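These notes concern the structure reproduced below.
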Amino acid sequence: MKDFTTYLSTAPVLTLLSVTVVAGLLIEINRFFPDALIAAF
Amino acid sequence: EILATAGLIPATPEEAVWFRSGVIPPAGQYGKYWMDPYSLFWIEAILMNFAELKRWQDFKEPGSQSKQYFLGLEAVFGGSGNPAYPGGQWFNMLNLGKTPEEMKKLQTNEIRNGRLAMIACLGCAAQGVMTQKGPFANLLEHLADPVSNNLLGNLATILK
Amino acid sequence: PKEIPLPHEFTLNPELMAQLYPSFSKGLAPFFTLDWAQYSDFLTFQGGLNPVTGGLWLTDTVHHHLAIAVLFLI
Amino acid sequence: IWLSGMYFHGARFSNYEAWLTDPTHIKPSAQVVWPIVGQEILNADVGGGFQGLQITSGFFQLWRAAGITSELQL
Amino acid sequence: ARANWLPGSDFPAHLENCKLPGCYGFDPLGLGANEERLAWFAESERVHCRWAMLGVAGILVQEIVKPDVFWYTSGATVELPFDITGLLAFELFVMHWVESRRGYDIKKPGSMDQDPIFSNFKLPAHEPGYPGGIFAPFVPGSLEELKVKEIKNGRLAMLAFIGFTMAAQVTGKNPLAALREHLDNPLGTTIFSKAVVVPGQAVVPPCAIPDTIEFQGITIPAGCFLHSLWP
Amino acid sequence: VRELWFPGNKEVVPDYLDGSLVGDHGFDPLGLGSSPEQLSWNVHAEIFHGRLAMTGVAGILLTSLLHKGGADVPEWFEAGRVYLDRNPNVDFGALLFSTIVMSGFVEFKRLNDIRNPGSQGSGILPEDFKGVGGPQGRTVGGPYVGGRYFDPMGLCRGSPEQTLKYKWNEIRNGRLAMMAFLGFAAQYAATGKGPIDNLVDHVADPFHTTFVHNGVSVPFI
Amino acid sequence: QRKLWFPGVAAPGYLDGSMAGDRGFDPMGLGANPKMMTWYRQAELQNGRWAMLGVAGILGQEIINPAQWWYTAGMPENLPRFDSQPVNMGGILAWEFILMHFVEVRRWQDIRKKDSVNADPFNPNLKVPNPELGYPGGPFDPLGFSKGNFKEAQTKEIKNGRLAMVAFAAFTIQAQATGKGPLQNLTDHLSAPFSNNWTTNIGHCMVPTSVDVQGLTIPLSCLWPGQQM
Ligand code: CLA
Ligand code: CLA
Ligand SMILES: CC(/C=C/C=C(C)/C=C/[C@@]12O[C@]1(C)C[C@@H](O)CC2(C)C)=C\C=C\C=C(C)\C=C\C=C(C)\C=C\[C@@]12O[C@]1(C)C[C@@H](O)CC2(C)C
Ligand SMILES: CC1=C[C@H](O)CC(C)(C)[C@H]1/C=C/C(C)=C/C=C/C(C)=C/C=C/C=C(C)/C=C/C=C(C)/C=C/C1=C(C)C[C@H](O)CC1(C)C
Ligand SMILES: CC1=C[C@H](O)CC(C)(C)[C@H]1/C=C/C(C)=C/C=C/C(C)=C/C=C/C=C(C)/C=C/C=C(C)/C=C/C1=C(C)C[C@H](O)CC1(C)C
Ligand SMILES: CC1=C[C@H](O)CC(C)(C)[C@H]1/C=C/C(C)=C/C=C/C(C)=C/C=C/C=C(C)/C=C/C=C(C)/C=C/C1=C(C)C[C@H](O)CC1(C)C
Ligand SMILES: Oc1cc(O)cc(O)c1
């Protein structure tokens, strides 16, 4: 189990997971808050 | 098929064929069982899973299967040196073949009979596909007219 | 397409398949008697393309596959 | 895995059944995009009451030649 | 000892050498395994015994003297000389005082044994759960046999109260009324005669208590104890 | 030694599963608890899941029994919607936030106990909330928390045999309840009825009322 | 032992022959455990004695009351009336449940610990002398038919019990397949054996799907999936 978690912590796996999480978060932000041209607060 | 051909069972000879029992619904099915064939297969899968898995584990570890509790039945799962011949208190109730030579002879009988049965099963499947009838019916029709009713004579009609 | 019989209804029923290809009323007897000409209805050597679909004749492709299969097996 | 994906997309996100009834006017399509940032414009009006990306792999023709007809088979 | 709740069995380890009265080695769940918990449960059992005895005796006397008043609905159909709010408050205050004193006496034996108003009066030394002194001015016989009698009668009274409430929820009658009904037809008045469950059907006796009862200006639930679980 | 989840076959039994843990049968074909800290975390998760599943299954079963008797108790798959309908003055977001906050407080107490086995048995809490330990030879904390509040009857205080028997009872019932909840979800998704409804319909007509006749498990049938 | 159930079978080691009716059977190995062997022996004795009583009762009621079928002799409408009390199956079940529970708990306690409940609950002097499990004696043996060859009588009892169990299974299957009594089946077979045998009667479930017992519906079923008449 330790070796598996160590493999999941490698640079490529972590890079792909981080990019996927960031892309998913951005996609959902644009899905619920679309066409945000300016920062209207 | 033999029992139905003689009228012993209340099933017609064409309905008592093995490939029309329900194993292959497209080829025919007997819809009078106490429960549908799929649920029967579910029970079959559970039971056969238990039996086959225990047999496989005994093959891997001959000493196993007789140590863990199994409602007291594990006492007859000790097996022997050969996985194909456990013959303990249950698999060899009558204690047939007490001497090694007699056991070898009986094993030869079993192997020859099993090989003949394998060949017969394959033949039954082929005949059913090419004659659309049962093995007993095929044998009777061949006996009535052997020169006409045979493999060469049935090439014109195979799935009719 | 919803009215055409299912593939098993054609694969396991020589009567319907014979209705579509009459050479099938003879079964496998012509194949074993070396009278392959009887199978000329579904084993053609036409050529060109099908004027309805614009593609090759499926019978020609069947014949082609059978010939190359025999050649490869040999 | 790639082949399974192709068949699954042709069975769940395609107009193969509708294309069979009109293979000369309905444009084959086997991909549907989600509406996120105006990209739903990529879902073209291929035909048969379906919207999606026009495919050029020729899978519809292959399936028709094989007699798929239904989406359950895919 | 020779008196066992299951003849031929063996007393549990924690119940061996048990000096508590009415100790017949009954503890399948081992709730009395802990020593402190055993004493707390002993006090709880004694108080339950006495409360159940008083309640059963009161219900029986009320039914005999006033057979037209249902004990189950007596809380809302008696016409109180005072007010329900004031009565409940007074009872809560006095009960809090007495119960707190008793519980603290159990927690600490001689902590609650002195009269707070009259410094000259003090309860003599005693055993937990048995005050004595002014509480027991008359003792007819030895204390051990009387203690056993009290424990046994209390257990019987608790079972009697449960039977009373269940009979009232099933038949809607008073204890003696239900007994008379059962005597008029023993083979037709038992629980096995009114309820029965089989793989395919289940017969559940209807509730003899109304779904809700109206008291003063509000509504009180008062239905059946887990009617959906009834056989 | 001990009974295994697969008679014989000692190769599949992992080395870290030596039989000291309650409910240990050598079951771990995927090696999800190979690491020691991972095994401890999984033990905590398993006992917590078992207790939560037992509570949920008991509530679902009681509500289904009450619904069959005619009480105004809705089914488990629609209890939330029904309650929200009879109480239009209760905001859904407010209820969710309150549940999350209270559960977060108790879960943070348990979490800190997981990080430090005996750190919550002081301060704003008595020594009873320190834990009795058990797994991994621990003598403090863990999923088994004694005291006078999480064990008022003191069933684990006195005779280790009784404690072991009760622990085995708890883990077996928890696993059974987890499987029961999974079955409840599958049955509701396939037939659309409650647990008691499925049980009575099956007992009334054994054959013709199996998973093959629900139209979901077996699609073509 | 000596003679076994089958010619030439190897008797299990635990089946020395000391126990009555030991014929070196147990092909399933259920008797390899001594404690389980004792429990199974008690179960065999109970089943054999109950089967003996049941078979004797069925035959006796058929000889004395041939108009009543033993299979349906339990319905309330067929229950004999000895007084003016109403018929309530629930009330009858109460008496039997209470008495059976008490006697069975006493026997069970004796099985757990031998000679533990051998004394009267009210009179400790009154004791039951049971030399072995399943054989209490004393009040249960008023005629004193023991004393002598106890093993021979034990063998007779176990063999009669086994025969009675087989006979009861036969009675159940025959009643479910023919709808008659055992004696009636024997009489019918002696008339036209070629047309009144198991070959023709099997495959028929002469029992209704359900029965109405004063409002309560009891689902009925044969021992095998028959044709339901
Ligand atoms: C003609 C086929 C045939 C033959 C010659 C044998 C021969 C043998 N088998 Mg085998 N067996 C067979 C079919 C056969 N088997 C089939 C189809 C199965 C699948 C169920 C098995 C499964 C099987 C197992 C699991 C084992 C054997 C074993 C053995 C050996 C033990 C000696 C023995 O019992 O002789 C066989 C005697 C006969 C074949 C004559 C009987 C023929 C009649 C028609 C059978 C009637 C049986 C009937 C159900 C009886 C019910 C009541 C009965 C208990 C009194 C022996 C060499 C055991 C072994 O290996 O010993 C160490 C053992 O472990 N067999
Ligand atoms: C989430 C619930 C849960 C958790 C956390 C655990 C955790 C644990 N179990 Mg346990 N178990 C459970 C449920 C659970 N179990 C249930 C319901 C059963 C009854 C079938 C069992 C039966 C069981 C046995 C017989 C044994 C264990 C054992 C163990 C311990 C070692 C195994 C391990 O390390 O892997 C950790 C397990 C997990 C991390 C859970 C992974 C879940 C996967 C990733 C999802 C797939 C699950 C399922 C197949 C898919 C359904 C999901 C979908 C339908 C929604 C460990 C602490 C062994 C032991 O030694 O006991 C101490 C042992 O002998 N378990
Ligand atoms: C927690 C849980 C359920 C809890 C349910 C609750 C609270 C229900 C709550 C409510 O219902 C009420 C009361 C009222 C309703 O109105 C509303 C809701 C809110 C719905 C189930 C867990 C259920 C958890 C389950 C079923 C887990 C199964 C895990 C298995 C089988 C794993 C096995 C293995 O992992 C091992 C052990 C070793 C590995 O190496 C190999 C494999 C094989 C992977
Ligand atoms: C184990 C044991 C142990 C113990 O101890 C004892 C005992 C009991 C003895 C045991 C058991 C045993 C057994 C089970 C046996 C069985 C066997 C068999 C079944 C065989 C068969 C066997 C079988 C066989 C061979 C078969 C064969 C067949 C054949 C040839 C067929 C033929 C044919 C064909 C093709 C088709 C056509 O159209 C017709 C015909 C002509 C008809
Ligand atoms: C021991 C043990 C141990 C093991 O181990 C386990 C187990 C099993 C758990 C166990 C057992 C248990 C049990 C049995 C319990 C029970 C109890 C009870 C019943 C109580 C009651 C109890 C009861 C009670 C108190 C009661 C009381 C009553 C009363 C007061 C009454 C009152 C009244 C009156 C007068 C009149 C009015 O008008 C009304 C009223 C108001 C109503
Ligand atoms: C040995 C062994 C070992 C190895 O290892 C394995 C194996 C093979 C398993 C084995 C074998 C086994 C067997 C054979 C068994 C069987 C049993 C039986 C039959 C029982 C019955 C048993 C039986 C019984 C109890 C019965 C009883 C009866 C009775 C009470 C009756 C009653 C009655 C009467 C009077 C009349 C009326 O009206 C009706 C009724 C109500 C009906
Ligand atoms: O739940 C309680 C236990 C105890 O020992 C004392 C108390 O007052 C309450």
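Proteins come first, then strands; the chains are lettered A, B, ... in the order of their sequence lines, and each starts at number 1. Looks like electron microscopy, 2.7 Å, at least that's what the header says. All values below were derived from every heavy atom in this structure, side-chain atoms included, with hydrogens, water molecules and symmetry-related copies excluded. What you see here is only part of the deposit, and the contact count is restricted to that part. Read the numbers this way: they start at 1 and go in the same order the structure lists the ligands and their atoms.
Per the PDB entry, the macromolecule in most contact with ligand 7 is Chlorophyll a-b binding protein, chloroplastic. At ligand 7 one finds the drug phloroglucinol. Using a 4.0 Å cut-off on heavy atoms, the other chains next to phloroglucinol are E. Residue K107(E) holds the heavy atom nearest to atom 6 (C) of phloroglucinol of all those in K107(E), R148(F), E43(E). Scanning the protein for heavy atoms near atom 9 (C) of phloroglucinol, the closest one is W40(E) CZ2, 4.6 Å. In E99(E), neither the side chain nor the backbone holds a heavy atom less than 4.0 Å from any atom of phloroglucinol.
Using 4.0 Å as the cut-off, no other ligands or ions neighbour phloroglucinol. Counting only heavy atoms, the protein gets under 4.0 Å from atom 4 (C) of phloroglucinol. Heavy atoms under 4.0 Å from phloroglucinol belong to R37(E), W40(E), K107(E).
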Can you give me a line-by-line list of nitrogen or oxygen pairs between phloroglucinol and the protein shorter than 3.5 Å?
unit_1         : atom_1 : unit_2  : atom_2 : d
phloroglucinol : 5 (O)  : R37(E)  : NH2    : 3.0
phloroglucinol : 5 (O)  : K107(E) : NZ     : 2.6

